[PDB]
Amino acid sequence: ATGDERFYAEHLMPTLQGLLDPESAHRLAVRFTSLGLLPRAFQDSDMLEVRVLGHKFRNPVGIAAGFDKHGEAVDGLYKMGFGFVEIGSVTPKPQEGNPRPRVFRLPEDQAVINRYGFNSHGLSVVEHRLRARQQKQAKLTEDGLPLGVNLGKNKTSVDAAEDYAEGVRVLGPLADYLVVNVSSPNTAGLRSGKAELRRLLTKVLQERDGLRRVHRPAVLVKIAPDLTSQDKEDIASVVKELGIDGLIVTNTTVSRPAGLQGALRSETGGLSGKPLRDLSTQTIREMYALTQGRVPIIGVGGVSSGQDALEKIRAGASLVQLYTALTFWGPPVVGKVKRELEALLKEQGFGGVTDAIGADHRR
Ligand SMILES: CCn1c(CO)nn(-c2cc(O[C@@H](C)C(F)(F)F)c(C(=O)Nc3c(F)cccc3Cl)cc2F)c1=O
Ligand SMILES: Cc1cc2nc3c(=O)[nH]c(=O)nc-3n(C[C@H](O)[C@H](O)[C@H](O)COP(=O)(O)O)c2cc1C
Ligand SMILES: O=C(O)c1cc(=O)[nH]c(=O)[nH]1
């Protein structure tokens, strides 16, 4: 462990989180990151490179959606050491989200509960923000640092599929991949038969296919950790039938695992961090098997170490993301996870990340 890792985790982060409300802490982090005011970041080795979704990824550790909802801090996030950045969720029209407070810390559980409710600057604002750096991003992507854009829907929209279609049209041309986020716990009706998922995704794929080739992103579906076995079967079937490019597994949980200690455990919202970790890993495992290992998965939920990352990779993830760990460990967590993952890959006889993807299924 580095000097910075210990100082951030043992002293700086607990101190700052003790002085700030949770949403203020989030907002300041976005500001600092946007300005590049960051501790020095670990040099990515060849072992960490992954080729998937039509792109090179210099390392397999990404920032999950929700940290940079409005695409304000993309360059700072690459500076932090992330191999890829996902922004959003972005809704078609601007919207405020839920009333404050809407983010809650559970430090005794290394967890967070949020009910932001898709607060979003909206597609137009985000479009113009990404256009301002569109060629810089093209070079970053060529250098193995791709960009994902996560699409949401407005609270009052009467046609969910049209909201996602609008997102594809507006931000698709600026993204390496898009995410159809049908799994927020904090918008009424979002997570809801099989035929309607098929309908929605058919429309999204048609819109994507209508973009010019150099502006044509991969399309992924991000799913909840709270799905029934039937839901998971159905999703796998639809994904294969339509040629969806990948899955993001998982969003936050509306469950409250036995054992949570935080005083705020019974707040409404999605739970993230350590209590979500294994529920998410197991969802990756099931989705990989249901798709015969032929559908790339981005694994997310409770990653704070190289071991956590490798467990998701071995379960079937090609790439991982984190968010909640950053709230407790700060920016040095990114180098920590990468260093630990490289060490474990070597210790377990893997030539690189690619060799470990889905390795548990071959035992
Ligand atoms: C879930 C909302 N949330 C929270 C509170 O739960 N904290 N938090 C968060 C909070 C963060 O720091 C808060 C305390 C801040 F900015 F005031 F220092 C950070 C973070 O990485 N900060 C940071 C940075 F951007 C750049 C340099 C140095 C630091 Cl310490 C990253 C985070 F993700 C965050 O996003
Ligand atoms: C405060 C907060 C906001 C989030 N916002 C979004 C979002 O807008 N869209 C989305 O798909 N996921 C969102 N997520 C979920 C994360 O992307 C991720 O799936 C989940 O938090 C699990 O990862 P973690 O345990 O590493 O945080 C959010 C999570 C948190 C904590
Ligand atoms: O904006 C939110 O409330 C939100 C969206 C989402 O997809 N996941 C989450 O945990 N929160």
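Just so it is clear, chain A uses the PDB entry numbers, and the residues here are 31-71, 73-223, 226-396, in order. Both counts, for ligands and for their atoms, begin at 1 and track the order of listing.
Structurally, the main neighbour of ligand 1 is the chain that UniProt identifies as Dihydroorotate dehydrogenase (quinone), mitochondrial. According to the PDB, the drug located at ligand 1 is BAY 2402234. The protein non-hydrogen atom at the shortest distance from atom 21 (O) of BAY 2402234 (ligand 1) is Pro364 CD, 3.2 Å. In this structure, the other ligands and ions lying under 4.0 Å from BAY 2402234 (ligand 1) are ligand 2 (flavin mononucleotide).
Of the listed options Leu65, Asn145, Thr63, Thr63 places a heavy atom closest to atom 25 (F) of BAY 2402234 (ligand 1). Annotation: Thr360 places no N or O atom under 3.5 Å from an N or O atom of BAY 2402234 (ligand 1); distance criterion only. UniProt FMN-binding residues of chain A with a heavy atom under 4.0 Å from BAY 2402234 (ligand 1): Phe98, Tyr356. Against a heavy-atom cut-off of under 4.0 Å, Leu67 is close to the following atoms of BAY 2402234 (ligand 1): 26 (C), 27 (C). At a heavy-atom cutoff of 4.0 Å, BAY 2402234 (ligand 1) is contacted by no atom of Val60, backbone or side chain. BAY 2402234 (ligand 1) has a nitrogen or oxygen under 3.5 angstrom from a nitrogen or oxygen of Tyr356. When only non-hydrogen protein atoms are considered, atom 13 (C) of BAY 2402234 (ligand 1) lies nearest to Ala55 O, 3.4 Å.
Atoms of BAY 2402234 (ligand 1) lying under 4.0 Å from at least one heavy atom of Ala59, given by number and element, are 10 (C), 11 (C), 12 (O), 16 (F), 19 (C), 20 (C), 22 (N), 25 (F), 31 (C), 32 (C).
At least one heavy atom of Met43 sits less than 4.0 Å from an atom of BAY 2402234 (ligand 1).
Around BAY 2402234 (ligand 1), within 4.0 Å by heavy-atom distance, are found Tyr38, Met43, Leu46, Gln47, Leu50, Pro52, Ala55, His56, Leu58, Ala59, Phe62, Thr63, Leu67, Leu68, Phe98, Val134, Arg136, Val143, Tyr356, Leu359, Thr360, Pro364.
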Dump the pairs for me: BAY 2402234 (ligand 1) N or O, protein N or O, distance under 3.5 Å, to 0.1 Å.
| unit_1 | atom_1 | unit_2 | atom_2 | d |
| --- | --- | --- | --- | --- |
| BAY 2402234 (ligand 1) | 7 (N) | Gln47 | NE2 | 3.1 |
| BAY 2402234 (ligand 1) | 35 (O) | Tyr356 | OH | 2.9 |

